[PDB]
Asks: 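For discussion: a PDB structure holding D-amphetamine.
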Amino acid sequence: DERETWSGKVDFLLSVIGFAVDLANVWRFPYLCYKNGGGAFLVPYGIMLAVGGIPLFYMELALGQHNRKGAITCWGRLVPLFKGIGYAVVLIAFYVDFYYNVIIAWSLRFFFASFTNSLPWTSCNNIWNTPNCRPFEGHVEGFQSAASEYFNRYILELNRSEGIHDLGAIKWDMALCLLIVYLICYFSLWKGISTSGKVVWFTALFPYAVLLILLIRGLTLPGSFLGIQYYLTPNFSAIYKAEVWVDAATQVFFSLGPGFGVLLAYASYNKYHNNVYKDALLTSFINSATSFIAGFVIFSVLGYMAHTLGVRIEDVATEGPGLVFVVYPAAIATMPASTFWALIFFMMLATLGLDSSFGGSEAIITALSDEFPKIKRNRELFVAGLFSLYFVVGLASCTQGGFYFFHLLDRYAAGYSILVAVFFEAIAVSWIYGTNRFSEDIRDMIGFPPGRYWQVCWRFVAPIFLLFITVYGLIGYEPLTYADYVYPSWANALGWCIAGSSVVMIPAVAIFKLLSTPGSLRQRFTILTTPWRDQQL
Amino acid sequence: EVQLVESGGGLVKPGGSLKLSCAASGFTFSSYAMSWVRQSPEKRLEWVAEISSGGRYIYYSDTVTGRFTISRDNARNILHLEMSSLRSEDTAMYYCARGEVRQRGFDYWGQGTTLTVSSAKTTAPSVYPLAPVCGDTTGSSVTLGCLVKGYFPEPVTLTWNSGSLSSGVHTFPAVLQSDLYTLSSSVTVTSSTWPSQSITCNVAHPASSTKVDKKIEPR
Amino acid sequence: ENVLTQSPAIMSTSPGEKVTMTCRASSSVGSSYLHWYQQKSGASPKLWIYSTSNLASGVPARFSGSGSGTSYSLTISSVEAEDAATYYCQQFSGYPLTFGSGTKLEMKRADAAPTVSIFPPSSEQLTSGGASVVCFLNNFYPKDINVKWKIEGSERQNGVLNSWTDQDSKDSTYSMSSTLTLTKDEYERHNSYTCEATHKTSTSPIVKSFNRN
Ligand SMILES: CC(C)CCC[C@@H](C)[C@H]1CC[C@H]2[C@@H]3CC=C4C[C@@H](OC(=O)CCC(=O)O)CC[C@]4(C)[C@H]3CC[C@]12C
Ligand SMILES: CC(C)CCC[C@@H](C)[C@H]1CC[C@H]2[C@@H]3CC=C4C[C@@H](O)CC[C@]4(C)[C@H]3CC[C@]12C
Ligand SMILES: OC[C@H]1O[C@H](O[C@H]2[C@H](O)[C@@H](O)[C@@H](O)O[C@@H]2CO)[C@H](O)[C@@H](O)[C@@H]1O
Ligand SMILES: *[C@@H]1O[C@H](CO)[C@@H](O)[C@H](O)[C@H]1NC(C)=O
Ligand SMILES: C[C@H](N)Cc1ccccc1
Ligand SMILES: [Cl-]
Ligand code: NA
Ligand code: NA
């Protein structure tokens, strides 16, 4: 204080909704519903949302609004022994920027690709095609669809790479798209939230315009009801299995943003007596509701593919990049006015990703802006240096073998790491700092204590929720592979480095902080577990 | 159930200092924020200070800030208001009040404890019988009276026949005049009842250790 | 500081009648932050209506509350004698927390004339050097009444103390005590003492008096 504040509350809400709603709302939630008993999946999903996701989501938002600092300073002021959590969270967000932007660039690349009266990925008689190409998805690996070969052999040129050891030529048309993304991010974030919170009005709202248009074209298609059937038809037999609850737990956790320091930074610009609890609920709800909607958008079209284009539903119903960059564009191309559906689809994909990259970077800038007045004074300079380091290292993912690089980070950069970070975040808040202090902090802000429900969830449910995900994510571990390629053991260990490079800050910094403090070790856990709020009276 | 008990009030000279206390019980005192609210002799309610459930957030009215200090003993369940350089404007009944939710208000209150800030010295009342004039019965009933004059500070305890006689009793609130309260009571009983049976006005003023009784005879 | 002004200040009502009372803030108050307390005579305040509309525990359905921004109101749909008290509104939208100035609610009833009585100084007091005549005026309605002392036929205005009781919870009447104090020397320098109460019930003042036998 003085600390800059949101130019208006809608800016905050859209920044948060924009961060939380991204591509996985489209390319994973509907797939999980289809795979796990249809609308029955909503039960495990809703329970995980209620006892795990939203409480963690609420917590970080309240915590950021109360302590009014970014992730490093905040965790340091709250429990100095764990200042490292702020460092861990910061460079997890740092790694994620190295690859996640590439998805946006692919979106722009397909967008620039659809300025035409006849979409390229339609047919199997192009220079990049293979003797084995089919018009649509099949179930035999050696025979790709026309859209799959376009993505793979034309956009990516992934066929020309023999692995992560063979990144090949830089692909400048991609680097151009990667640069445009970073320019859009720079001129969105250099001036701070005064413009960043205005930009999100587009990037957070645009997808809903397109979701509506596609939802109508989708549901008017022949076979669209058949798709909705595959999407939502209940089968509670799935609920019996542990793997389904783990799928719900993990989806809930990664879909909401909790513990990345992003919600922390955004809430840190809230007015102190803002009703952060009302904001956390409205915001959670919109995230999940968007996934629900998008599922109709996807499977109406997926149903139209099965009914009309003559393809097994199981072959087109898929997750991840393949759904949005291959299967959906395939369906679009068969439709009248296809060029229009393609241009707004790929635009939606990019705006879906942009709000999210915004939040990741802001978690970083705000964290560093608060630790270091040097960079806070020079924001417009600092981000330019940061996005420059992004663009340069990111050129690796614009190479012909670039997917192999993307896929490596996508697995190791944030996955296992953030779960342990958030696990200590929960443990720090509820048990070191105390739910008592926290509840009291929340009342001083919003006028009432959190219910015993939110308290039980933070203290008990949350940590074993995160524990539940982390353990099944270990027991299910296998060495990294993509399609027929298997990554070399050194590549595997290198990702373990990226994974532990951040997690290690937690015990590292705890060890280093102990060795600058005067007293005996009973005396020293106390000096490092006493909150900054209390030392200053 | 829930009970709050303020204590510690009494006469204090200006500039002096005193410590009020509130004994919480019947609920989990650690969980709730507490406030001191005072009521002046002119019956105005004025919030004084609020302390957090954990005692880490303290607010004061501008009237008492830098003079009062609110405190909290969560182990022994006792709320505290530590006053200093008191002044006559601080004279009031002080209430201790539960108030953890702002959206819900002060849901429970104590019975209050009275602060009086004055330069006046404590002095014992003279109690005078009020027997009726010469003649002139009657009168289905008769009125008797009692005069508690010249005391300070408030309170005094008046009753009749040690409280057996509560019907027909009017006990007037005291009125300060040049640093001395004067008070009076009237009681009416059927003409058969008096002077056939003794009617005593019994008065208590603990601040001055007084304990008078006054039988009323028609001299 | 958000001043809350309440009107009316005092309010008389027949049982069964509707009553409304209002609260005006000098600044906007969120409706979830406006509350009301009732405080019966001689007792602590009780929470009563919280965040505008919400009856507190044990509060009979007669009560209701309404308002927003800078204007709020309490309404009793059909008043009962047990409802006579002072009502205070309050905000928590901002520190310092502030209470309203009060609306004292009171029972209307049919008029009743005072039962005046006059008392000469007690012998215990005259020996003290003092002398206070006393004149009780009991069980009348409405509350307004005007006592007037006379030595001889001359009125005396100086040196008086008047006390009024709170309205009776039983018969809902008012009572008053007037004490005229003199030096014993002034009391003995003269013979006739009178105390007379003009009141609405009668155009003629009600008069009690005594000579020194
Ligand atoms: C499928 C999509 C379109 C909707 C997703 C459903 C969720 C938005 C719903 C289902 C379960 C709901 C929860 C059901 C039980 C409650 C208890 C409720 O408890 C309290 O009132 C706390 C006390 C306080 O106010 O402090 C808080 C909301 C919550 C967690 C709900 C949060 C919203 C939830 C997650
Ligand atoms: C896609 C179709 C089916 C549904 C469209 C959903 C749209 C209209 C919904 C979803 C999220 C909503 C927004 C969520 C955030 C706010 C904050 C609030 O203070 C103003 C309204 C506003 C801006 C909402 C406007 C309407 C909104 C954009
Ligand atoms: O969608 C195919 C369409 O454009 C292609 O041109 C490329 C261009 O060569 C690249 O440099 C890129 O940046 O822009 C286009 C992306 O597709 C074909 O060359 C063109 O004939 C065709 O219409
Ligand atoms: C299709 O039309 C677009 C104009 O929208 C043009 O750019 C493109 O070159 C056309 N394709 C062919 C094969 O001519
Ligand atoms: C929670 C978002 N859906 C995923 C994300 C994206 C970028 C950074 C962090 C997290
Ligand atoms: Cl989701
Ligand atoms: Na999401
Ligand atoms: Na987004």
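Chain letters: A, B, ..., in sequence-line order. So for chain A, numbering is the PDB entry's, and the shown residues are 25-161, 203-602, in order. So for chain B, numbering is the PDB entry's, and the shown residues are 1-219, in order. Quick note: numbers on chain C are straight from the PDB entry, i.e. 1-213, in order. How was it done? The header gives X-ray crystallography, 2.8 Å. What you see below is based on every heavy atom in this structure, not just the backbone, and it leaves out hydrogens, waters and symmetry mates. Whatever order the structure lists ligands and atoms in, that order sets their numbers, starting from 1.
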Asks: Where do all copies of D-amphetamine show up in the model?
Replies: ligand 5
Asks: Which macromolecule does D-amphetamine make the most contacts with, named the way the PDB entry names it?
Replies: Transporter
Asks: Which other polymer chains sit within a heavy-atom distance below 4.0 Å of D-amphetamine?
Replies: A
Asks: Looking at D-amphetamine, are there other ligands or ions closer than 4.0 Å?
Replies: ligand 7 (sodium ion)
Asks: Give, by chain and number, every residue with a heavy atom within 4.0 Å of D-amphetamine.
Replies: A:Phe43, A:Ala44, A:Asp46, A:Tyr124, A:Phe319, A:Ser320, A:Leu321, A:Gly322, A:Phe325, A:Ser421
